[PDB]
Amino acid sequence: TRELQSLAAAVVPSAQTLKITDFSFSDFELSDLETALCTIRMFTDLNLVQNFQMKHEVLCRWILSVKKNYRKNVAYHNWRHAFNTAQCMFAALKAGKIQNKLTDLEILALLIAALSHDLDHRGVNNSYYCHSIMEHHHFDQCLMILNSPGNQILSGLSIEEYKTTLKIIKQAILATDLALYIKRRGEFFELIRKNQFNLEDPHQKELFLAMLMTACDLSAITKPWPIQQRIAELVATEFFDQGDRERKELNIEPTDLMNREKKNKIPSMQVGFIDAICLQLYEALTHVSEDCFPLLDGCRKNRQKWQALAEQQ
Ligand SMILES: CCCc1nc(C)c2c(=O)nc(-c3cc(S(=O)(=O)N4CCN(CC)CC4)ccc3OCC)[nH]n12
Ligand SMILES: [Mg+2]
Ligand SMILES: [Zn+2]
């Protein structure tokens, strides 16, 4: 197609030029083409392209297939969300020096998981066990796109490497289920508090990869004020939109969190979210690698901003 040809023939700027290494990155002013280019640069600079012999044309087709399976009409959970979640992964890996800690297969899987973790989201969200139903669909959608002809970027992996990487991908995507985060963090935080966290440990690695997946998933809560505010409105819009649709299809009144009225509470809500969900995660990630401090730092600054508003409100 015309779009595939343009992407495959375009020049991919450097990571430094695309500024995808900084945790303060923002996609707002980038076109759809520029994001895909950034995506390519990510697979490139993590050495996934050559270490796994990826055919440039196939990588481009896959990236387009993944971006396609996201619905733009969905306020927040769309391609830009997936792209940013992946960009945070890259930054954490590079700027956050998390790369030397993982294997190429783990990295390969994480990048892929990051890009496809919310595939075909329909704007139906939760509150806080639901058995990761939503996440399961996101994986099927991911698996499918990896099997579709000319989209098989995992060709070149031995049978075992494929079976391995697939498991890691499945787990990373499902990990993005907040219910699972709430379930597993307790153990993670305790290992970090007792200064006995060990990545050399299979299970503690699986736990780390899960925690890392969630940190990137929520990266927006750590971004610079302009950006955070801008994305919180996408999030708010999705929720309110859901409350309306739900009161329509069903006869159920929206929770304050999801009904348009009572929007004056987003500041108050934002503080609670950060306190109960984000902060601990980013403070813990910083314990695993101080180079991730930027995330924790920005999460904090965001709380100050939201706290002020919640009162001044
Ligand atoms: C996909 C939903 C999760 C998510 N991702 C992001 C980036 C965001 C974000 O900025 N904000 C929210 C977000 C989260 C909650 S909450 O349900 O977690 N909240 C309920 C009440 N309790 C107090 C007892 C505190 C916690 C409430 C409002 C929210 O956002 C309004 C924009 N959720 N969110
Ligand atoms: Mg999800
Ligand atoms: Zn997500």
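In order, the residues displayed for chain A correspond to 537-664, 676-860 in the PDB entry numbering, which applies throughout. We use all heavy atoms of the structure for the numbers below, so side chains are in, but hydrogens, waters and symmetry mates are not. Remember, it's 1-based here, ligands and their atoms both numbered in the order they're listed.
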Pick for ligand 1: amprenavir, lestaurtinib, palazestrant, vemurafenib, vardenafil: vardenafil
Chain with most contacts to vardenafil (name per UniProt): cGMP-specific 3',5'-cyclic phosphodiesterase
Distance-only N or O hit between vardenafil and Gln817, under 3.5 Å: yes
Residue and atom name of the nearest protein heavy atom (relative to atom 32 (C) of vardenafil), distance in Å to one decimal: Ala779 O, 3.5 Å
Residue, atom name and distance, where the atom is the protein heavy atom closest to atom 19 (N) of vardenafil: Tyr664 OH, 4.2 Å
Residue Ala783 vicinity, atoms of vardenafil by number, heavy atom under 4.0 Å: 32 (C)
Closest protein heavy atom (residue, atom, distance) for atom 14 (C) of vardenafil: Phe820 CD1, 3.6 Å
Main UniProt domain of chain A at the interface with vardenafil: PDEase
Anything under 3.5 Å between an N or O on vardenafil and a protein N or O? List each pair with its distance, or write none.
from	atom 1	to	atom 2	distance (Å)
vardenafil	10 (O)	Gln817	NE2	3.0
vardenafil	11 (N)	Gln817	OE1	2.8
vardenafil	30 (O)	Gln817	OE1	3.2

